[PDB]
Each structure stands twice: as structure tokens, then as C-alpha cells.
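The residue numbers of chain A are those assigned by the PDB entry, with the residues present covering 669-918 sequentially. Order of appearance sets the numbers: ligands from 1, and atoms from 1 within every ligand. How was it done? The header gives X-ray crystallography, 2.1 Å.
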Amino acid sequence: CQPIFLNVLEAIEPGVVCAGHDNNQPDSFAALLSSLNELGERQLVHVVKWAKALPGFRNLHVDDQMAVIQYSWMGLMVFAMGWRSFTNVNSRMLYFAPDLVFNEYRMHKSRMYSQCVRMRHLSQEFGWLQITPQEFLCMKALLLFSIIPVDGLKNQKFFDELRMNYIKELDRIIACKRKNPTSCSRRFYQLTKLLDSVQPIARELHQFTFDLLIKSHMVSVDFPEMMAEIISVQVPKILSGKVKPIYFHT
Ligand SMILES: C[C@]12CCC(=O)C[C@@H]1CC[C@@H]1[C@@H]2CC[C@]2(C)[C@@H](O)CC[C@@H]12
Ligand SMILES: O=Cc1ccccc1O
């Protein structure tokens, strides 16, 4: 008995985070998005402290730590939101936060229905593939190291090593159960397919939040500090092609 890696992931797993949305007032595009933007600002802080508590993370260069966080904050938050939706309301609604649950009506009011549907579909994959709590944690941590600039990072060497170790950890979680190599191999295939399906979803939201920031003043949408900063400086690099995700399959 020495599941050191798994113990840490479960120990640093962020807690509940509210958005502070007023569910007593009628829904409106402006109010809904502004609340999500706030929820994002609040989440980002938790993610920063979460990633810094991850094994080996500290090895990365000070600038690369911030970089990976600023590039995958979108993918990480969605993957976690999809899980909450499955374990809380069985993927029937998007459980963004306790005080911010989106239904068929809100998905429409948000003016991003198509994107919400895709996130719900992702949430459903958790049930169709019978994803275990331990498998979820590993995959989420792996997402952090799933998007870097095509020109590599400051110390790209250390990054590949850390990623390799997290992938190795995913196999242990799979192997430490199955007996035959047919089940393990098959399982790895399924999980990798699940992780890649996240990238497409993330890119669609990256474009939506970017365009929204440009018209924010026009639609009366409030963008927090870091949120506006990261979206107008980091996000563009991804949409331009300077920063691309790391797919397992082609
Ligand atoms: C990451 C958040 C907030 C955290 C969460 O649970 C997932 C969710 C996915 C949609 C994002 C939202 C933050 C604010 C965004 C980026 C809006 O501007 C448009 C898409 C929204
Ligand atoms: O382009 C390279 C790069 C991008 C983000 C962080 C560190 C880097 O070296």
C-alpha cells in the first residue's frame, strides 16, 4: 500500500466555489455571462493554488508554470464542470456552481447554446464510460499539461518529463484493476479519446469569450481583472495558432 500519487490528487482537489449570482432576479444575457466571468476569476485562483500543489509542477520554470495555467484554465474548468454535472444532476444540467446551474432555458439565454450542449455531451461520457473518481482526477491533472506553444516552453525538457510521468500514472490506475492486457489497452484507448474530445470544446469557448470581451461594453458585460488580461493576451495566441493542444490520436 503506497498510492502516493493518488493520495495527493485527492488531497489537493479544490472545494466548492460559488459565483455569487442573483438567482432571485429574472435571467438576462448580461447578468448570466458576468456571473460566469466572476466564477472564472474565482476558479482561476483555486486552480493556481491547485496546480502549484501538484507533484513535480514546481520543477517547471517560473514562467512556464504561469504559461500552462494561462493556456489550459479553460479546459481544466470545463472537465471539472462536466464531472460535477454528472455526479450531481446526472448530466441533466450544467452544474457550473451551486448558485449557477444552467438549464435548457439558460443555455439559450447565454447565447452559447451549441457550446453548452457539447459540454453536456462530455458530461454524459462520464456515465457511458463508467469513469471512476480516481480516473477523473488523473485525467484532469493531465489536462494541465495538454497545451503548449508550438515553439515550446522555456524549459520544454522538464515539461515532457512531467507529462510522461502523469501519463504513466494513468496506466497504473487502469492496470491496478484489470487483469488481462485486452482490458487495459482498450481502457487506455477510451480514456485518451475522452481527453482529446475536450480540446475541441475548449477552443469553441476560447473564441466565444474573446469576441465577447471585444463587445463587452456593447452588451454590458463585466470582465474581472485577470479575466480581461488573460483573454486579450494569452487566449489570442491559441486562436492564432501560436499555442496548440496535445492530442493523443489524430
Ligand atoms: C470557465 C467557466 C467558469 C468555470 C466553470 O465552471 C466552467 C465554465 C465554462 C464556460 C466559461 C466560464 C467562464 C467565463 C466564460 C469564459 C464566458 O466568457 C464564456 C465561456 C465562459
Ligand atoms: O513560446 C514559448 C513559451 C510560451 C509560454 C511560456 C514559455 C515559453 O517559452
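According to the PDB, the drug located at ligand 1 is dihydrotestosterone. Bound to dihydrotestosterone with the largest number of contacts is the chain that UniProt calls Androgen receptor. Heavy-atom contacts of dihydrotestosterone within 4.0 Å involve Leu701, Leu704, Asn705, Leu707, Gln711, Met745, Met749, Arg752, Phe764, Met780, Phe876, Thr877.
According to the PDB, the organism given as the origin of chain A is Homo sapiens. UniProt lists residues of chain A as binding 17beta-hydroxy-5alpha-androstan-3-one; of these, a heavy atom under 4.0 Å from dihydrotestosterone occurs in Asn705, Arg752, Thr877.
Looking from atom 1 (C) of dihydrotestosterone to the surrounding protein, the closest heavy atom is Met745 SD, 3.7 Å. Heavy-atom contacts of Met749 reach the following atoms of dihydrotestosterone: 6 (O) (cutoff under 4.0 Å). Taking atom 11 (C) of dihydrotestosterone as the reference point, the nearest protein heavy-atom neighbour is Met742 SD, 4.6 Å. By UniProt annotation, the domain of chain A with most residues touching dihydrotestosterone is NR LBD. Protein non-hydrogen atoms do reach within 4.0 Å of atom 13 (C) of dihydrotestosterone. The nearest heavy-atom contact from the protein to atom 15 (C) of dihydrotestosterone is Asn705 ND2, 3.9 Å.
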What are the atom names and distances for all N or O pairs under 3.5 Å between dihydrotestosterone and the protein?
from                : atom 1 : to     : atom 2 : distance (Å)
dihydrotestosterone : 6 (O)  : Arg752 : NH2    : 3.2
dihydrotestosterone : 18 (O) : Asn705 : ND2    : 3.0
dihydrotestosterone : 18 (O) : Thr877 : OG1    : 3.2

